[PDB]
**Student:** 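This structure holds gemcitabine triphosphate. Let me ask you some things about it.
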Amino acid sequence: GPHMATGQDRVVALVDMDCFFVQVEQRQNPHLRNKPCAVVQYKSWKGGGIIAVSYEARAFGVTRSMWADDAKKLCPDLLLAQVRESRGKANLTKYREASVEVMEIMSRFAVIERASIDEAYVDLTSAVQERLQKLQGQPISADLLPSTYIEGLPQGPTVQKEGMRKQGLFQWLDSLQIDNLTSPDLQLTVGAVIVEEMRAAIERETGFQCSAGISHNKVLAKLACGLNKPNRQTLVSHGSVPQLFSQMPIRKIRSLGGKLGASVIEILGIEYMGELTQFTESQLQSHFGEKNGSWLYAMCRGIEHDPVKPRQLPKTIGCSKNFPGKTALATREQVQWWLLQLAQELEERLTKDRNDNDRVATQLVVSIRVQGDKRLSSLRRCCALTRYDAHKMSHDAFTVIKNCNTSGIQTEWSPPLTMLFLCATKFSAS
DNA sequence: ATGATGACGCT
DNA sequence: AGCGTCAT
Ligand SMILES: Nc1ccn([C@@H]2O[C@H](COP(=O)(O)OP(=O)(O)OP(=O)(O)O)[C@@H](O)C2(F)F)c(=O)n1
Ligand SMILES: [Ca+2]
Ligand SMILES: [K+]
């Protein structure tokens with residue numbers, strides 16, 4: 001009872017750009033705005049692979065991974081924008097630079113953790129304490145929360161979507177104890193006000209819309225963010241967790257979408273995250289290990305402690321290209337030419353990074369895949385990265401992979417290579 | 001023949 | 001270090 005921690009100590013938000021690469025292309029080309037459209041890479045093989053999809057196009061069934069030729073069968077008027085191609089490969093620079101625009105706006109409000117090109121976690125605990133002191137116990141108006149959903153409401157004793165949203169918000173705000181400065185529900189609500197302001201600033205200063213989740217930890221914030229997209233935000237309170245989790249498939253929780261979650265389902269014979277509450281901590285640790293078991297015991301009760309790490313920049317800078325089916329590299333000269341292409345893009349991104357961010361990479365990771373393996377990587381080897389020079393990096397990568405060549409002939413490469421990857425890691429300040 | 005990324009855990 | 005898992 002009085003000593004049972006409830007995981008209500010932080011206010012954490014997750015901000016996610018809606019269909020991000022599509023928004024970047026629609027900002028640049030107004031002809032694409034408010035249309036079914038997608039971003040594709042390459043074009044020769046079946047129209048290119050779709051990597052991002054506008055919500056108008058999702059209504060027709062267009063998804064990521066689809067070939068554009070097939071997407072066109074579902075949506076004949078689908079508009080397409082192509083990823084830039086440089087040195088024979090996809091170049092994502094435009095989207096990395098757009099992400100920096102958004103991340104720098106977010107950093108004005110709070111320290112952020114860059115989770116991906118288009119996602120950032122925000123720890124709002126301190127910002128919320130300050131805003132509460134500025135209020136001094138004045139109520140929070142619904143006008144301060146114009147795009148916020150309160151998960152689980154309305155409830156209890158209109159048929160339109162915005163009407164539903166406002167009924168739920170009204171019930172939430174009418175129940176709020178605004179005199180208690182340490183009420184977790186109040187803290188979440190103030191967090192949501194700040195996230196409304198953050199999202200307004202992102203849209204004003206970049207043109208990009210996003211969704212967001214606000215809760216007490218990263219897993220609940222990510223789950224919340226997904227509940228109402230696009231261009232909306234959702235508050236998931238601690239009290240909403242039992243009902244929410246009672247029908248939540250286990251695979252929807254971050255880190256449980258793969259083999260571990262499938263094993264939770266198979267071993268325990270359950271389907272929903274709330275069903276985990278019926279096991280002891282020791283039972284869960286016995287099945288899934290000490291760390292995973294403790295994590296599952298707390299997480300199915302809405303409790304998680306993973307911190308929002310203060311990190312706005314990526315930790316690695318990598319360049320990779322697949323060579324599928326018949327295009328697999330079968331000669332020494334082919335392998336050197338593509339290693340050089342990758343190393344030239346890498347050198348350009350590293351030089352830009354060292355000028356912008358005052359750091360240098362010190363380790364070069366080289367990874368390859370051979371025709372036949374089912375694993376995404378067949379071999380990974382590191383060497384020293386001492387100069388930002390593409391010819392040296394490609395020579396060193398070749399040196400650390402050249403003994404993989406099964407061929408007895410010097411000029412041939414067997415088994416042919418279906419993937420090349422160069423990654424700069426282990427940054428030091430400079 | 002999805003592809004091109006990127007973070008973190010295990011041993 | 002090198003390999004694997006999970007995710008955008
Ligand atoms: N497998 C993937 C997943 C994503 N992305 C790239 O990562 C970006 C963001 O990934 P997101 O958040 O998962 O999906 P969204 O497009 O933003 O759509 P939503 O509104 O539902 O958030 C994509 O634009 C991308 F461009 F598509 C990718 O390259 N490969
Ligand atoms: Ca997104
Ligand atoms: K995302």
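To find a chain, count down the sequence lines: A is the first, B the second, and so on, and within it residues start at 1. Looks like X-ray crystallography, 1.8 Å, at least that's what the header says. Read the numbers this way: they start at 1 and go in the same order the structure lists the ligands and their atoms.
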**Student:** By ligand number or chain letter, where is each copy of gemcitabine triphosphate?
**Tutor:** ligand 1
**Student:** Which chain is the chief contact partner of gemcitabine triphosphate here, given by its name in the PDB entry?
**Tutor:** DNA polymerase eta
**Student:** Find all other chains that place a heavy atom under 4.0 Å from gemcitabine triphosphate.
**Tutor:** A, B, C
**Student:** Which one of A:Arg64, A:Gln23, A:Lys229, A:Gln41 has a non-hydrogen atom at the shortest distance from atom 2 (C) of gemcitabine triphosphate?
**Tutor:** A:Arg64
**Student:** Compute the minimum heavy-atom distance from A:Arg58 to gemcitabine triphosphate and say whether it is under 4.0 Å.
**Tutor:** yes
**Student:** Considering only protein heavy atoms, which is closest to atom 16 (O) of gemcitabine triphosphate, and at what distance to one decimal place?
**Tutor:** A:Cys19 CA, 3.2 Å
**Student:** In terms of residue, atom name and distance, what is the protein heavy atom nearest to atom 20 (O) of gemcitabine triphosphate?
**Tutor:** A:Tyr55 OH, 2.5 Å
**Student:** Is A:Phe20 in polar range of gemcitabine triphosphate, meaning some N or O pair under 3.5 Å apart?
**Tutor:** yes
**Student:** Tell me whether A:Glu119 has any N or O atom under 3.5 angstrom from an N or O of gemcitabine triphosphate.
**Tutor:** no
**Student:** I want to confirm something. Looking only at heavy atoms, which of A:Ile51, A:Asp16, A:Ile50 is nearest to atom 27 (F) of gemcitabine triphosphate?
**Tutor:** A:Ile51
**Student:** Any non-hydrogen atom of A:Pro230 lying under 4.0 Å from gemcitabine triphosphate?
**Tutor:** no
**Student:** Show the atoms of gemcitabine triphosphate that are less than 4.0 angstrom away from any heavy atom in A:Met17.
**Tutor:** 17 (O), 22 (O)
**Student:** Specify the source organism of chain A, per the PDB record.
**Tutor:** Homo sapiens
**Student:** According to the deposited model, which residue and atom hold a covalent bond to gemcitabine triphosphate?
**Tutor:** none
**Student:** Any N/O of A:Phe21 closer than 3.5 Å to an N/O of gemcitabine triphosphate?
**Tutor:** yes
**Student:** Any idea which residues from other chains are within 4.0 Å of gemcitabine triphosphate, non-hydrogen atoms only?
**Tutor:** A:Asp16, A:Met17, A:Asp18, A:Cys19, A:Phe20, A:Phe21, A:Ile51, A:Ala52, A:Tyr55, A:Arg58, A:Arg64, A:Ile117, A:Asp118, A:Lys229, B:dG3, B:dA4, C:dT8
